[PDB]
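Residue numbers begin at 1 in each chain, while the letters A, B, ... track the order of the sequences. Order of appearance sets the numbers: ligands from 1, and atoms from 1 within every ligand. All heavy atoms count here, side chains included; hydrogens, waters and symmetry mates do not.
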2 protein chains.
Amino acid sequence: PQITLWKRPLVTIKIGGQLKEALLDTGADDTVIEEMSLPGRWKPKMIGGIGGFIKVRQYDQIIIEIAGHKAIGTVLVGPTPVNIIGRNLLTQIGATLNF
Amino acid sequence: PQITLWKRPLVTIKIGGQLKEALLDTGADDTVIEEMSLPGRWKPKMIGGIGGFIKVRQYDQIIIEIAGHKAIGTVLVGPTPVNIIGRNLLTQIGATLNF
Ligand SMILES: CC(C)CN(C[C@@H](O)[C@H](Cc1ccccc1)NC(=O)O[C@H]1CO[C@H]2OCC[C@H]21)S(=O)(=O)c1ccc(N)cc1
Ligand SMILES: [Cl-]
Ligand SMILES: [Cl-]
Ligand code: NA
């Protein structure tokens with residue numbers, strides 16, 4: 001698709017068999033989702049955003065569908081205000097910015 | 001251009017007579033620039049992201065040149081860690097996300 005930006009670029013994602021809404025976020029290096037259970041081990045990570053830094057749980061090699069496109073990669077879990085799809089998975093679904 | 005997302009989508013902007021580097025950020029509703037002076041009136045605002053909120057100054061009807069394309073709109077000024085071009089100005093330069 002070609003998504004304009006007059007509204008937030010929200011899409012449906014599917015992770016752990018559950019549908020969620022997430023924001024396609026070219027300003028995010030990494031994908032960060034609200035608290036949920038994921039399989040396997042996690043590693044610590046700190047990410048910094050507009051109000052400061054937060055701790056998240058880093059899960060690698062997680063299967064996630066984004067707007068109908070399959071991705072398998074790193075998902076950070078923590079107190080993000082909205083689910084955000086960052087560049088690590090936007091590249092997997094072939095997304096580009098165009099103007 | 002077409003900008004891939006392997007790296008942060010940074011561009012040069014011109015604002016208030018100054019050249020700055022900024023991030024093309026589809027996850028940002030509004031444009032937020034590090035501290036600088038701008039002409040005219042402003043009003044205080046709080047904006048929130050990962051990490052919490054910051055206080056900014058809201059200036060309306062500001063012209064910015066973004067990668068060579070002129071746009072006008074609201075610019076928030078305050079202690080953001082990165083200059084961000086948000087959707088309010090991305091729309092004006094015809095930016096889309098494509099996959
Ligand atoms: C979290 C989003 C809903 C909103 N943010 C835009 C987002 O693109 C920020 C934009 C951003 C970018 C760098 C630093 C601070 C904020 N990215 C971000 O927090 O990404 C974090 C996850 O990946 C990491 O890579 C970047 C920092 C980490 S925001 O910076 O909080 C913000 C909120 C409101 C406005 N008007 C403008 C920006
Ligand atoms: Cl605006
Ligand atoms: Cl349009
Ligand atoms: Na003004």
**Q** Out of curiosity, which chain makes more contacts with ligand 1 than the others? Name from the PDB entry, please.
**A**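 With more contacts than any other chain, that's Protease.
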**Q** At ligand 1, which drug is present?
**A** darunavir
**Q** Just wondering, which other chains does a 4.0 Å heavy-atom cut-off pick up around darunavir (ligand 1)?
**A**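 Heavy-atom contacts under 4.0 Å involve A, B.
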**Q** Just curious, which residues make up the binding site of darunavir (ligand 1) with non-hydrogen atoms under 4.0 Å?
**A** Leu23(A), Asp25(A), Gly27(A), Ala28(A), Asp29(A), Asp30(A), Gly48(A), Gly49(A), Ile50(A), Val82(A), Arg8(B), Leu23(B), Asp25(B), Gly27(B), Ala28(B), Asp30(B), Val32(B), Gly48(B), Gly49(B), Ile50(B), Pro81(B), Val82(B), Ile84(B)
**Q** Nearest to atom 12 (C) of darunavir (ligand 1), what protein heavy atom do you find, and at what distance?
**A**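 Of the protein heavy atoms, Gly27(A) O, 3.5 Å lies nearest.
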**Q** Give me the nearest non-hydrogen protein atom to atom 29 (S) of darunavir (ligand 1) as residue plus atom name, then the distance to 0.1 Å.
**A** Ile50(A) CB, 3.9 Å
**Q** Numbering the atoms of darunavir (ligand 1) from 1, which are under 4.0 Å from a heavy atom of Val82(B)?
**A**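 It comes down to these atoms of darunavir (ligand 1): 13 (C), 14 (C).
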**Q** So is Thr31(B) polar-close to darunavir (ligand 1), meaning N/O to N/O under 3.5 Å?
**A**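 No; every N/O pair is 3.5 Å or more apart.
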**Q** Please write down residue, atom name and distance for the protein heavy atom closest to atom 21 (C) of darunavir (ligand 1).
**A**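 Ranking protein heavy atoms by distance from atom 21 (C) of darunavir (ligand 1), first comes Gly48(A) O, 4.1 Å.
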